[PDB]
Amino acid sequence: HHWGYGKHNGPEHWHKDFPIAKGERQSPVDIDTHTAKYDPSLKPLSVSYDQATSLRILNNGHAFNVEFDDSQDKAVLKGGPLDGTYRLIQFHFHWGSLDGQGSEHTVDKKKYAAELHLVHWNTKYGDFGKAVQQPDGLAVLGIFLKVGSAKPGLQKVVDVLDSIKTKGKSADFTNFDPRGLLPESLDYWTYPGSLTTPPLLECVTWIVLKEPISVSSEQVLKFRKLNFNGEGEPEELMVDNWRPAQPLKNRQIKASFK
Ligand SMILES: CC(C)Cc1ccc([C@@H](C)C(=O)O)cc1
Ligand SMILES: [Zn+2]
């Protein structure tokens with residue numbers, strides 16, 4: 001499998017190997033703020049990260065992942081639209097070559113500079129590989145990034161990127177607190193969707209926060225110095241690793257707020 005984000009292997013090609021790319025609940029989507037409806041049945045969202053155990057940071061050739069110990073209920077997402085308990089396994093970002101693009105979700109067609117995904121899996125399915133085979137297997141918290149002030153809680157990530165420049169590189173990344181990446185407000189939109197990269201499985205409850213976080217131009221510039229390629233291969237900067245918005249089809253986006 002040779003998928004990526006270039007002209008010859010990018011999102012417009014993925015359907016040939018992954019036909020679900022044209023499916024009924026694909027992600028990301030545009031969030032029309034005038035059509036999304038407040039849902040008073042949504043319970044309060046519960047982000048419990050105080051015992052999170054980060055382990056490692058990895059350049060996988062498509063993004064960089066910060067991985068967590070998910071062998072116990074240490075860092076969990078509950079509530080909101082969710083039934084049951086979802087364990088944090090990793091976070092990563094999608095970002096652009098310029099500040100005017102980079103997010104996967106859009107808000108009234110606005111693109112943000114980047115988007116953070118905190119990925120969690122439903123503990124009722126026992127392991128992550130089983131969970132992705134279920135319609136309610138994953139819960140992903142999506143957080144928009146805009147360029148302005150620096151985000152102090154992001155700097156420890158930015159400063160290790162030099163050590164994982166190329167595909168397949170990893171570095172120890174213990175004692176990182178993901179609570180430092182959240183906005184003040186947990187107001188959100190939610191809808192059923194999919195992974196936004198191959199294999200594009202339709203297994204995700206998306207929870208997209210309304211409030212973006214601010215990062216500095218210097219912080220996002222360091223994202224853009226990473227490489228898609230491996231060491232000793234021609235340099236391809238890791239930029240524009242985002243899938244565009246997909247048809248909403250027979251789905252409603254619900255708001256947690258008035
Ligand atoms: C091998 C696959 C399962 C890895 C993967 C994890 C999470 C995502 C989505 C939810 C995302 O956050 O972009 C996409 C791919
Ligand atoms: Zn993602």
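For reference, positions follow the sequence shown, starting with 1. No hydrogens, no waters, no symmetry mates; every other heavy atom, side chains included, goes into these values. Recorded method for this deposit: X-ray crystallography, 1.5 Å. Just follow the structure's listing: the first ligand is 1, and inside any ligand the first atom is 1.
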K.L.:
For ligand 1 in this structure, which bound macromolecule has the most atom pairs within 4.5 Å, going by UniProt?
P.N.:
Carbonic anhydrase 2
K.L.:
Look up the drug at ligand 1 and give its PDB name.
P.N.:
(R)-ibuprofen
K.L.:
Just need the protein heavy atom nearest to atom 15 (C) of (R)-ibuprofen (ligand 1), so name the residue and atom and give the distance.
P.N.:
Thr197 OG1, 3.4 Å
K.L.:
Look at atom 2 (C) of (R)-ibuprofen (ligand 1) and say which protein heavy atom is nearest, naming residue and atom and giving the distance to 0.1 Å.
P.N.:
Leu195 CD1, 4.2 Å
K.L.:
Suppose I only count heavy atoms of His92 and a 4.0 Å limit; which atoms of (R)-ibuprofen (ligand 1) are within that range?
P.N.:
11 (C), 12 (O), 13 (O)
K.L.:
Which Zn(2+) binders in chain A, per UniProt, sit with a heavy atom less than 4.0 Å away from (R)-ibuprofen (ligand 1)?
P.N.:
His92, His94, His117
K.L.:
Considering only non-hydrogen protein atoms, determine which one is nearest to atom 1 (C) of (R)-ibuprofen (ligand 1) and report residue, atom name and distance to 0.1 Å.
P.N.:
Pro199 CD, 4.5 Å
K.L.:
Please indicate whether any nitrogen or oxygen in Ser194 is less than 3.5 Å from any nitrogen or oxygen in (R)-ibuprofen (ligand 1).
P.N.:
no
K.L.:
Using heavy atoms only, determine which UniProt active-site residue in chain A is nearest to (R)-ibuprofen (ligand 1) and give the distance to 1 Å.
P.N.:
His62, 8 Å
K.L.:
What other ligands and ions have an atom less than 4.0 Å from (R)-ibuprofen (ligand 1)?
P.N.:
ligand 2 (zinc ion)
K.L.:
Which residues of chain A does UniProt mark as substrate-binding that also come under 4.0 Å from (R)-ibuprofen (ligand 1) by heavy-atom distance?
P.N.:
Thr196, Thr197
K.L.:
Report, in ascending order of atom number, the atoms of (R)-ibuprofen (ligand 1) lying under 4.0 Å from any heavy atom of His117.
P.N.:
11 (C), 12 (O), 13 (O)
K.L.:
Return a yes/no value: protein heavy atom under 4.0 Å from atom 11 (C) of (R)-ibuprofen (ligand 1)?
P.N.:
yes
K.L.:
N/O to N/O below 3.5 Å, does that happen between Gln90 and (R)-ibuprofen (ligand 1)?
P.N.:
no
K.L.:
Quick one: does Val140 get a heavy atom under 4.0 Å from (R)-ibuprofen (ligand 1)?
P.N.:
yes
K.L.:
In (R)-ibuprofen (ligand 1), which numbered atoms sit nearer than 4.0 Å to a non-hydrogen atom of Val119?
P.N.:
12 (O)
K.L.:
For atom 4 (C) of (R)-ibuprofen (ligand 1), find the nearest protein heavy atom and state the residue, atom name and distance (0.1 Å precision).
P.N.:
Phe128 CZ, 4.8 Å
K.L.:
Look up the UniProt domain of chain A holding most residues in contact with (R)-ibuprofen (ligand 1).
P.N.:
Alpha-carbonic anhydrase
K.L.:
Going by distance only, is there an N or O of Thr196 that falls short of 3.5 Å from an N or O of (R)-ibuprofen (ligand 1)?
P.N.:
yes
K.L.:
Define the binding site of (R)-ibuprofen (ligand 1) at 4.0 Å using heavy atoms, by chain and number.
P.N.:
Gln90, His92, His94, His117, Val119, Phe128, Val140, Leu195, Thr196, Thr197
K.L.:
Output, or 'none' if empty, a list of (R)-ibuprofen (ligand 1)-protein atom pairs in which both atoms are N or O and the distance is under 3.5 Å, rounded to 0.1 Å.
P.N.:
from                     : atom 1 : to     : atom 2 : distance (Å)
(R)-ibuprofen (ligand 1) : 12 (O) : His92  : NE2    : 3.2
(R)-ibuprofen (ligand 1) : 12 (O) : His117 : ND1    : 3.2
(R)-ibuprofen (ligand 1) : 13 (O) : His92  : NE2    : 3.3
(R)-ibuprofen (ligand 1) : 13 (O) : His117 : ND1    : 3.4
(R)-ibuprofen (ligand 1) : 13 (O) : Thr196 : OG1    : 3.3

